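A short worksheet on the structure shown next.
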Amino acid sequence: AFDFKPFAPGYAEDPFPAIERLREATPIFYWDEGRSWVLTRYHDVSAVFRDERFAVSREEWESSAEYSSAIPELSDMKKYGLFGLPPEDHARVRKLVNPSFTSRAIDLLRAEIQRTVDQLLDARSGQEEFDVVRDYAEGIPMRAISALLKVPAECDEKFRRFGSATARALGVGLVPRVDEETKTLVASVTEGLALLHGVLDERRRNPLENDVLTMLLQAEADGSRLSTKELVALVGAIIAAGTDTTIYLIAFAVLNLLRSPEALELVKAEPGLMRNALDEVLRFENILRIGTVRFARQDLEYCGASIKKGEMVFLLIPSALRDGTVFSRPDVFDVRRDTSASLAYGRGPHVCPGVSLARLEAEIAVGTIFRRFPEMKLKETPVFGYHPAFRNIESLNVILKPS
Ligand code: HEM
Ligand SMILES: C/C1=C/C[C@@H](/C(C)=C/c2csc(C)n2)OC(=O)C[C@H](O)C(C)(C)C(=O)[C@H](C)[C@@H](O)[C@@H](C)CCC1
């Protein structure tokens, strides 16, 4: 049950020695600063995802009151968003939007994503320094979500800001060390919600064929299928959930291929392996700092612990995914392995709706960059930060065509 310090300097860069220590010594421990139990092993993590004794709604938490008062601008999003809705409401909302996120539906986005990837590399690949985060990955995910929502590129920076702020603001009162000023967070959240109201009112005015937002609006207008608050919360969550995560995937992919020349040469030789490799990036080195949370609906015993009702539980994803009893050679980056058991996109009713979008964006972004600059080399050690949810890479400086 030893030493868990996920905000220590060095942890985001390389958390694996620390959490192997934890995982090898115990399946469960109490994280005093996080005020919650932490589960360290694959099977325990996997099960809790599907186990209905554990809720997602933060309203089940013993500290619900404190959490709901924090960032009142986000109260609606917390009550009516995908995490807060009761299971039958959650199923309903998911049944509605899931069709818009399949591989086939998101395939339409392919040309716009490639165009964005093309102009980012055109506009900045000429200087000495190329920052894979600042100059590349950062400009991609919002373009994608905005194409899916049919929002003009001029609004991209406002929504990205909103997405990233919202993801952090939702941590305030929930997770220990949100690394930003409230007033700044709150302003980006406010402005973003305003922008969103305008996007939605325009779409109701000018509804479109084969369009996610119009479909959601048309469901809201007809007999009870989606409330206005559910709808707004849903679009807001999609923007916030899909912004930073994908930035980190793309960056961690490039990093991990630069670090493993063998893996890269394999993906060069069989471009069809790119999809598996991107899944193995998340498996071998998951972008999450700690993981995700659940809340005990009732007192119960679990892996030798007496968990009380309302107590929070963290699933230590990056640990579970190095669990040697499920993955062979868990500590090797192997782009040929079977990655089916990866929990990186969740399991159960709350399984990530954006998985096909994240994979498409990253295949295009990571594929393109290595095809057009095959001899790319890391110019320096990646700089990591203190995002409360993510092992966030702030910069990843490389040399595209090295002398
Ligand atoms: C590689 C990037 C991504 C990762 C690793 C990821 C991971 C996850 C995970 C693990 C969950 C479940 C969390 C839990 O059960 O507590 C989830 C839920 C979610 N993800 Fe993703 N996601 C990613 C990208 C995206 C994108 C691009 C979108 C765009 C819409 C998205 C939208 C969502 C939403 C809305 C939920 C809530 C689902 C629900 O509660 O029903 N994600 N994601
Ligand atoms: C990868 C990941 C992204 C989901 C995204 C988010 C805010 C989703 C969502 C749906 S409805 C709603 C209000 N939000 O959530 C995030 O990007 C970060 C979370 O907002 C905060 C609350 C900061 C966290 O640390 C949590 C515990 C985070 O690590 C878990 C939830 C991450 C796995 C899911």
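All residue numbers given for chain A refer to the PDB entry; the residues shown span 14-416 in order. Scope of the values below: all heavy atoms of this structure, side chains included, with no hydrogens, waters or symmetry mates. In listed order, ligands and their atoms are each counted from 1.
Lab note: drug at ligand 2 identified as epothilone D.
In this complex, the main macromolecule engaging epothilone D, as named in UniProt, is Epothilone C/D epoxidase. There is a protein heavy atom closer than 4.0 angstrom to atom 1 (C) of epothilone D. Residue contact check for epothilone D: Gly304 places a non-hydrogen atom closer than 4.0 Å to it.
There is no protein heavy atom less than 4.0 angstrom from atom 15 (O) of epothilone D. Note: no N/O pair closer than 3.5 Å links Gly184 and epothilone D by distance alone.
Under a 4.0 Å criterion applied to the non-hydrogen atoms of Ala250, epothilone D contributes the atoms 10 (C), 11 (S). For atom 7 (C) of epothilone D, the nearest non-hydrogen atom of the protein is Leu183 CD1, 3.3 Å. What sits closest to atom 20 (O) of epothilone D on the protein, heavy atoms only, is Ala180 O, 3.0 Å. Close contacts between epothilone D and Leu95 involve ligand atoms 11 (S) [criterion: under 4.0 Å to a heavy atom]. Looking at the UniProt substrate-binding residues of chain A, I find a heavy atom under 4.0 Å from epothilone D for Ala180, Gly304.
Look at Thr258 and you'll find a heavy atom under 4.0 Å from some atom of epothilone D. Within the 4.0 Å heavy-atom criterion, the part of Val188 lying near epothilone D is the side chain and not the backbone. Interface of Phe403 with epothilone D, defined as ligand atoms under 4.0 Å from a residue heavy atom, comprises 17 (O). Distances below 4.0 Å separate heavy atoms of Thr305 from the following atoms of epothilone D: 30 (C), 31 (C). For atom 34 (C) of epothilone D, the nearest protein heavy atom lies 4.0 Å or farther away. The residues of other chains having a heavy atom under 4.0 Å from epothilone D are listed as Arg71, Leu95, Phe96, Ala180, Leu183, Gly184, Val188, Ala250, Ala254, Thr258, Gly304, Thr305, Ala402, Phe403.
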